[PDB]
Trainee: 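Context: structure of trimethoprim in complex with Dihydrofolate reductase type 1 from Tn4003.
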Amino acid sequence: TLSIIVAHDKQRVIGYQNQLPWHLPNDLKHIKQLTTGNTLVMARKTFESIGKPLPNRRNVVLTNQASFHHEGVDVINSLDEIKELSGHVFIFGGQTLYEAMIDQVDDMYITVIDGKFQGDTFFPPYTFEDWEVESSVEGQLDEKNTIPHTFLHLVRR
Ligand SMILES: NC(=O)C1=CN([C@@H]2O[C@H](COP(=O)(O)OP(=O)(O)OC[C@H]3O[C@@H](n4cnc5c(N)ncnc54)[C@H](OP(=O)(O)O)[C@@H]3O)[C@@H](O)[C@H]2O)C=CC1
Ligand SMILES: COc1cc(Cc2cnc(N)nc2N)cc(OC)c1OC
C-alpha cells in the first residue's frame, strides 16, 4: 500500500519557512499510530526540517544530491524507486513530493485543520469524484490541542 499522510488547513497550506505553521500534538500522535513499523518517504527539505529520522520506522529520503548521507536514513534519487520499497509506504511530504505522487497513491490519511495559517507551500487540490471517504472523525480538543481538526481517510475510487 502506498499512502499519503498530510495535515493541511482550510486553505490547504501545509508549511511556512520549512516548518509546520501550527503545533498540534494530536496530529503527531496520529502520525505515530499510522506509521510505526512502516516506511516513510520524505523529500529532502522535509527531512531537514525534522532534522533526524523518526524512531521505529524505516526512513527513506528523496534527493538528487549524490553525496547525501545520514545515519539511519536510506536515500533514493527518483520517484521510480518508491515503487521498489516493500510493505506499507507513506509519502510524508513536502509539497514537491505530494504534487508528484497524489495521482499515484492508493489512499490518503489527511488531518484537516480548522484554521487559516499563512503558508508558502500547499497540498494539491483533491476532489470528491477521485476519492471516496473511508472514514472521517473529529480529533479531541484539550489544553494542548486547541485547534479543531478532522481525521479523514480517503481511498482512490
Ligand atoms: N503539514 C504537513 O503535513 C507537512 C508539511 N510539510 C512542509 O512542506 C514544506 C516542504 O516542502 P517543499 O519545499 O516542497 O520541499 P520538499 O520537502 O518537497 O523537498 C524538496 C526537495 O526534495 C528533493 N526532490 C523532490 N523531488 C525529487 C525528485 N524527483 N528526485 C530527487 N529529489 C527530489 C529535492 O532535494 P535536493 O534539493 O536535495 O535535490 C528537492 O529540493 C515545509 O514547509 C514543511 O514544513 C512537510 C511534510 C508534511
Ligand atoms: C513528526 O514531526 C513532523 C512530521 C511532519 C510530516 C507530517 C505531519 N503531520 C501529518 N499529518 N502528516 C505528515 N506527513 C512534518 C514535520 O515538520 C515539517 C514534523 O516535524 C514537526
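Residues take their numbers from the sequence shown, with the count starting at 1. Per the header of the entry, the method used was X-ray crystallography, 1.8 Å. In what follows, every heavy atom counts, from backbone to side chain, and hydrogens, waters and symmetry copies are set aside. Order of appearance sets the numbers: ligands from 1, and atoms from 1 within every ligand.
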Trainee: Where do all copies of trimethoprim turn up in this model?
Mentor: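 All copies together: ligand 2.
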Trainee: Measuring from non-hydrogen atoms of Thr46 to any atom of trimethoprim, is the shortest distance under 4.0 Å?
Mentor: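 Distance cut 4.0 Å: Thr46 fails for trimethoprim.
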Trainee: Which is it for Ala7 and trimethoprim at heavy atoms under 4.0 Å: side chain, backbone, both or neither?
Mentor: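 Both backbone and side chain.
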Trainee: Which UniProt NADP(+)-binding residues in chain A are reached by trimethoprim, meaning they have a heavy atom under 4.0 Å away?
Mentor: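 I count these UniProt residues with a non-hydrogen atom in range: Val6, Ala7, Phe92.
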Trainee: Do me a favour and list the nearest non-hydrogen protein atom to atom 2 (O) of trimethoprim with residue, atom name and distance?
Mentor: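 Checking every protein heavy atom, the shortest distance to atom 2 (O) of trimethoprim gives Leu28 CD2, 4.1 Å.
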Trainee: Return the closest protein heavy atom for atom 5 (C) of trimethoprim as residue, atom name and distance.
Mentor: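 Minimum-distance protein heavy atom for atom 5 (C) of trimethoprim reads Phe92 CE2, 3.9 Å.
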Trainee: Considering only non-hydrogen protein atoms, determine which one is nearest to atom 11 (N) of trimethoprim and report residue, atom name and distance to 0.1 Å.
Mentor: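 Atom 11 (N) of trimethoprim sits closest to the protein heavy atom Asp27 OD1, 2.7 Å.
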Trainee: Hey, looking at atom 16 (C) of trimethoprim, which of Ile110, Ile4, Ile50 has the closest heavy atom?
Mentor: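 Going through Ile110, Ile4, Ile50 one by one, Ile50 has the nearest heavy atom to atom 16 (C) of trimethoprim.
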Trainee: Report the part of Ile5 in contact with trimethoprim, treating N, CA, C, O as backbone and CB onward as side chain, heavy atoms under 4.0 Å; options are side chain, backbone, both, neither.
Mentor: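 Both parts.
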Trainee: Can you list the UniProt substrate-binding residues of chain A with a heavy atom under 4.0 Å from trimethoprim?
Mentor: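 Short answer: the UniProt residues with a heavy atom that close are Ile5, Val6, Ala7, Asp27, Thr111.
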Trainee: Please classify the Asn18 to trimethoprim contact at 4.0 Å (heavy-atom distances, strictly less than): side chain, backbone, both or neither.
Mentor: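 Under 4.0 Å from trimethoprim, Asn18 contributes no heavy atoms.
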Trainee: Look at trimethoprim and say whether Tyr98 reaches it with a heavy atom at a distance under 4.0 Å.
Mentor: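 Right, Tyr98 reaches trimethoprim.
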Trainee: Can you tell me which residue and heavy atom of the protein come closest to atom 21 (C) of trimethoprim, and the distance to 0.1 Å?
Mentor: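 Looking only at protein heavy atoms, the one closest to atom 21 (C) of trimethoprim is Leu20 CD1, 3.8 Å.
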Trainee: Tell me which protein heavy atom sits closest to atom 8 (C) of trimethoprim, plus the residue, atom name and distance to 0.1 Å.
Mentor: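 Going atom by atom, the protein heavy atom closest to atom 8 (C) of trimethoprim ends up being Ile31 CD1, 3.1 Å.
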Trainee: Within a distance under 4.0 Å of any heavy atom of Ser49, pick out the atoms of trimethoprim and give their elements.
Mentor: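 That gives atoms 17 (O), 18 (C) of trimethoprim.
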Trainee: What UniProt domain of chain A accounts for the bulk of residues touching trimethoprim?
Mentor: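 Most residues touching trimethoprim lie in the UniProt domain dhfr.
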Trainee: Would you mind running through trimethoprim and noting each atom that sits below 4.0 Å from a heavy atom of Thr111?
Mentor: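 Result: 11 (N).
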Trainee: Report the organism recorded for chain A in the deposit.
Mentor: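 The entry lists the organism as Staphylococcus aureus.
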Trainee: Taking heavy atoms under 4.0 Å, what residues and nucleotides bind trimethoprim?
Mentor: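 By heavy-atom distance, that gives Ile5, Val6, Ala7, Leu20, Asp27, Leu28, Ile31, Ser49, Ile50, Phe92, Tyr98, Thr111.
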